[PDB]
Amino acid sequence: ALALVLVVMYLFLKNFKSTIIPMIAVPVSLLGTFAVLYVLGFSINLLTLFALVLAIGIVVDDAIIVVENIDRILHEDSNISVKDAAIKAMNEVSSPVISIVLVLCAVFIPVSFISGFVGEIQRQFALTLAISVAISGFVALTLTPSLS
Amino acid sequence: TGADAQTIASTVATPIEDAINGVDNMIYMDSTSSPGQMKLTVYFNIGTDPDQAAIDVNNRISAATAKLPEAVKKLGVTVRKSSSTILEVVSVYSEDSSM
Amino acid sequence: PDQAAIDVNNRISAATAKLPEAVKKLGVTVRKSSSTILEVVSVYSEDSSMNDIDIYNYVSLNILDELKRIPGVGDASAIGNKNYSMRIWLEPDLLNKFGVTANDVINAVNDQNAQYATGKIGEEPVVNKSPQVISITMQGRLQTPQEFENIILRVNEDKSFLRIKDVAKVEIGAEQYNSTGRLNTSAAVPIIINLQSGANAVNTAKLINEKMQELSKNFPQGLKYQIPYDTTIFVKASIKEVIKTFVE
Amino acid sequence: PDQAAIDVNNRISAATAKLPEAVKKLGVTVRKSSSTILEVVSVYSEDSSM
Amino acid sequence: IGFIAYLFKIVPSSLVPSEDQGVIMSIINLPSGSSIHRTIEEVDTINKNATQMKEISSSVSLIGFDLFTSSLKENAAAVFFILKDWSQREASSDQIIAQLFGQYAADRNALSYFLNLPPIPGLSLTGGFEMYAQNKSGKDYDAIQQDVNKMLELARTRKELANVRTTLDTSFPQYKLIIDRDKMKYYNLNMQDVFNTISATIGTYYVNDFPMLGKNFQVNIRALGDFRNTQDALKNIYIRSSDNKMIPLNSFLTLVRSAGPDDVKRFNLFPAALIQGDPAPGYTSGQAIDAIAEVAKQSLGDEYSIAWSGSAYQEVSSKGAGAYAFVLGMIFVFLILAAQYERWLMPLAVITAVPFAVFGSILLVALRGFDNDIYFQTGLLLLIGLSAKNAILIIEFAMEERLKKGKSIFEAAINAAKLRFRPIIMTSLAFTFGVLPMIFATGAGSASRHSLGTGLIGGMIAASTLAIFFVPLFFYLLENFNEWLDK
Amino acid sequence: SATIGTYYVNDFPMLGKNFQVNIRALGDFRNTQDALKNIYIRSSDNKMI
Ligand SMILES: CC1(C)S[C@H]([C@H](NC(=O)[C@H](N)c2ccccc2)C(=O)O)N[C@H]1C(=O)O
């Protein structure tokens, strides 16, 4: 997935240096997820590992949305510099991203409240996803624009 | 040893089952008796700490050991947490007929 | 509340050996109970179709076990202690006539009302294999008073067997005749519930009420439960009074 | 130390069989212990009559 | 949306996909009472035939232990047939199971059931209820099972219940010892003593422990098996009288052929039988639980009672917690997007984007034939959220065009959608292709991989192919409605 | 303890549970101070005392 993202980053954004930003960001957004999963009682088991595959999605989307929108603004105006462009785009998307992380976690926590053996199974997946959205979203807010 | 399941259910299972009843956070109890052996698995509400469940069951049982038949007391009662699962099975085998 | 019980239990176990044998056979119980009555539930026969000994037994076997399981109940005990027992009522004038001591009755019942171990037939190691393994079963505990009556104290050499029937009267009575309970003016069995230490009275009280409603559906005709004395009633009532005050 | 005690008692209980009968009859005791001696008090009869 | 609900109804609802774990468990039970020698011979015949098949490399066996009813029964025995690595064997576990079933399909000495190891240990793949019919009247176990077999016949008539079965078996051979207490007493023999003699000769008596290799080991006394095997075993056993007279056991003791339960089960402090059942493919698990309860109350006597274990217990004791939580979660989502858009109506547009993802997922699984497993449900959580994220952005950018740049309601919905076209395409392309290997995955965990994958691919495709066209339409309608309110 | 008091010898099976057997004398014989005189024990030389 990481390499496929690089291919989309390279073809769509027509830059090779733009690929470095996902490379640094995606692992950081997964290592962070692991650290929280350690602090919480969660262990690595088959169901959490399946969740990690799902988690890749949230993390990749967050990097892609940020880089692309900065590039879009950097191509909309010749006069705009990369750093001004980053600030502009971040102002546009900062509020949605915070709202995305709250909305998404609201989607996942009720799954954790499901009672029964199937809710225990489902919660292992859901909570991991909720951790991922938050860690990924903080990275999208701070680390990703800076790298861009 | 040497007792039929009916005898072991009435003589051994019933005294033990009664003592453990009322142990905190216990949803239900199930006991099966087979000639020579009694297996009784308490089931506890989800989220109960195993170590706390085991120790409680043990307490209640050591009070009712005396009621139990002497042969059963001589061998004693084993209380264990069954929450564990099988990581792996290792079978040592005599390829030859020498053991 | 729970670690204290573990600590008390751990220390008592060494003492349990030192205790007298009879005490240890009946058992010693360590329970996390305040000994202060949360509530008293009265199960009574309105129909009067069930005698008090029977009502008590129904509430021990069917209701008490369920109430003990409910979270927050340290111990639920019905006051009467009239659980069934086979009672062998010795008559000392017949014992004296047939020359039998009480002890010879005690020894006889222990020996002739017990279930022992009998092994299986066809089990291995056997040189000549058999088609099946069959398990010997035995019944050595008498279930009826007429069977208990026929326990043999001595053979009178005319091959006449002296039995309990001759020296005593057997019946199914109750283990203790010491205490009874009443609801209003009529007889009822009183089930006193003591709250487990560290548990909410109101939650436990509401749980006991809902278990009893479920149990009542299965009650044999003529049985009503009332719970006249409940402690939480006042607490809940004062909660309602302060809620009304808040609106006002 | 309280939770350590529970885990020792639970493990001993599981191994009921391995133990010889005479130890079982007496019983096995698991209790939290500390070796620190805070103090040694010595009670003596000044009179020496006792 | 109507199609989504038709699809949800036609797709089977199964808890977790059956999976090849590499082991083909085999439970072999001989007729009741069979001696271990018969059972071992049968295991041997079963295992040399298995050796013939290439895929089954080795085989572990456990004679005399019944796997289903944990217990030591001589008639029962389980032979686990270890298969070859997934990458080394073309045949799947199911194919090999069929071959094993086919060879043993013929009637023979034993009955063999071949099954794949449980996908998730400690969990029944079925939605089956375990119900214990406790007997409060003291009836004997033989009487209990005649009462419960009647329950069974009523149960099999009812539609919701399927595969209703009971664990209790009274078939096992037993010998009943009749004690003539008149004679025993007359022979001056005490009852405990006459059983110590039986326990030593016919059965095993553990007198004391002896030291060996640093560990105390048991000392046991039993008779040469030549003596134990026959019913008249009793006649060679003798017990001293208090008058010092040898008196044979057969005099006062008689062994009578009988049949009785090998395993006696008591649940919740009451004698009980266990009724297991499966829901009807059409009917839900909850419906099955309700149905069997009704059957039990009418067929069984008032003296009986019904209790539940495992999954059934939880369903009966359910606080409807999940339902409350889900409603709260939605209300929270509503409000948190209301804050973002500063409009009460606008977050409805985001919630409408969600069923396009859900439709792609349930459509593809239906075409594939995959069921509504937990994996599918977890897939949905991701799908939903990804679809929501994309929608939140399209709607926000649209608001900006309408407000900041003063674009037209129609023009704004075109501009936003086009601005957000590229990020959605890029993320979908990367992720879908990334999880495409799951669809083709083989080896351990393959069924699970496939199940998570099929839902994901379908949903992702739907969200990028269909949702993006639709979300502007929703926004266009809501913005128009807001303007109408302003008028 | 078996004529003035109740002695729990063993358990008897009823209703799927085990219930105590208690051997105590008839009430009239334990009703007075001189109750002790009615009760008789055998000795080692088999004579009731
Ligand atoms: C009784 C069991 C819990 S054990 C069996 C299975 N056991 C294994 O997979 C063992 N690891 C094994 C035993 C023998 C040979 C190979 C593996 C499991 O736990 O799911 N399935 C269950 C069953 O057969 O009901």
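In what follows, chains carry the letters A, B, and so on, assigned in the order in which the sequence lines appear, proteins first and then strands, with residues in each chain numbered from 1. We count ligands from 1, going down the list as the structure has it; atoms in each ligand are counted the same way. The structure shown is a partial extract from the entry, and contact counts are restricted to the extract. So this one's electron microscopy, 3.2 Å, going by the header.
The drug observed at ligand 1 carries the PDB name ampicillin (open form).
The chief contact partner of ampicillin (open form) in this model is named by the PDB entry as Efflux pump membrane transporter.
Contact chains for ampicillin (open form) (heavy atom under 4.0 Å, other chains only): B, E.
Counting heavy atoms within 4.0 Å, the binding site of ampicillin (open form) comprises B/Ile86, B/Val89, E/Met25, E/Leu67, E/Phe80, E/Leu117, E/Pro118.
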